[PDB]
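Notes follow the structure.
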Amino acid sequence: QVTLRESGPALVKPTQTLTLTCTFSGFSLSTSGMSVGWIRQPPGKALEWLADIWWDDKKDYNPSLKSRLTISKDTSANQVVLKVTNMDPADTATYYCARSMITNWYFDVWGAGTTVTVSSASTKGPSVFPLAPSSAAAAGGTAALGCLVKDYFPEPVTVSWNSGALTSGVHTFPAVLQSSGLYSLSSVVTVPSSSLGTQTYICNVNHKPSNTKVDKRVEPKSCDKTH
Amino acid sequence: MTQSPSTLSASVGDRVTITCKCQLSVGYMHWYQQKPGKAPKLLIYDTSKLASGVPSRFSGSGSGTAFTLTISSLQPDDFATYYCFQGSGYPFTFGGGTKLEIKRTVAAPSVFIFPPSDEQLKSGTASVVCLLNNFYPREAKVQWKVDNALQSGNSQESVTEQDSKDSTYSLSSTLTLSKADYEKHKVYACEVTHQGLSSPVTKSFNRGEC
């Protein structure tokens, strides 16, 4: 099928240059009419067109940004590169590359997008803590449990349950930057009360920006008391 | 360019019309559908051509400086931010967006409270989490009470994007305390006020009950 994939550093420092790479397949940039463009989206803002390059090497740029942008391709390597100079905090956004077919349609296929944060703060991997099920017994309908993923930078982190096998009822809350300057979030899942103590639940946390992965088992708590 | 409305809440079955007005005459318009934090999906190209794999429910029209996107009878999975794109002339531009929310019946939140793990406490900090699960409308007030004393400025909330199936929301309120302060108190309660609740629900635990 036709696929596009963006890659680059997850964090860049103010004034530095960002180099993004769009690797694609399912098509060739040599095919007449083919084009690959770049679009970005700041957290909570609208899409903004950045630039594009045609099969014949014609390059087009957003006027507001032209000065800082350089687009190029390597058909041999099936990749288009966008270099953005003098990065500013306002450039923090998710960057997408997309395929277009001139005289036919714009952006019919997009990459998944890669998050870029412009900050002076350093990379930090997350710590993961269990949100143990308040339940313990079977007959009780449904129990909620989850994982607290805190003190990491920058975005993003991904959370799965039982290596992807558990997806129904999962809610992974949007990260929120704490006053400490580090992000934190919880991923919760509701399961059968009867499964507590018998079914193993594990949250798998991946923080690509720091190449950190953490699996955390979540189980009912053993109470400290006079037994 | 100018897109409107910026936001809209409409019931299932409703007919919805989004408009993009450019100051400059436009040849043709493209429309995209973007699910939260996911990549945009092409809906309409050449002003009115339905893209492949797009419900006949959506349609585009317009000319000159004004173009429109229409969803004949909205439905749960239509929750998304819609964008028009003008690539027929310079400068190429996207619309500011129209975030579409789907209206549904009131649904009360299922509330859960989670005490800090012994593991986190070791690190010197205590996070107390309160979950309000699968509710609607989105407005909900959650107050933390430590030993009956109302907390202020020591918690953050995070709300989930509307569910594409049940048009519901989930929210987490997180209370952060130093291990020192956490051990200075007994009862931690999360009180939830919501339209679907005849009276505030309170979930709590006593430090040390387990």
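Each chain gets a letter, A, B and so on, in the order the sequences are listed, and its residues count up from 1. The way this entry was determined, per its header, is X-ray crystallography, 1.8 Å.
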- Message: Quick one: what's the drug at chains A and B called?
- Response: MEDI-493
- How does the entry refer to chain A? Immunoglobulin Fab heavy chain
- Message: Curious: how does the deposit label chain B?
- Response: Immunoglobulin Fab light chain
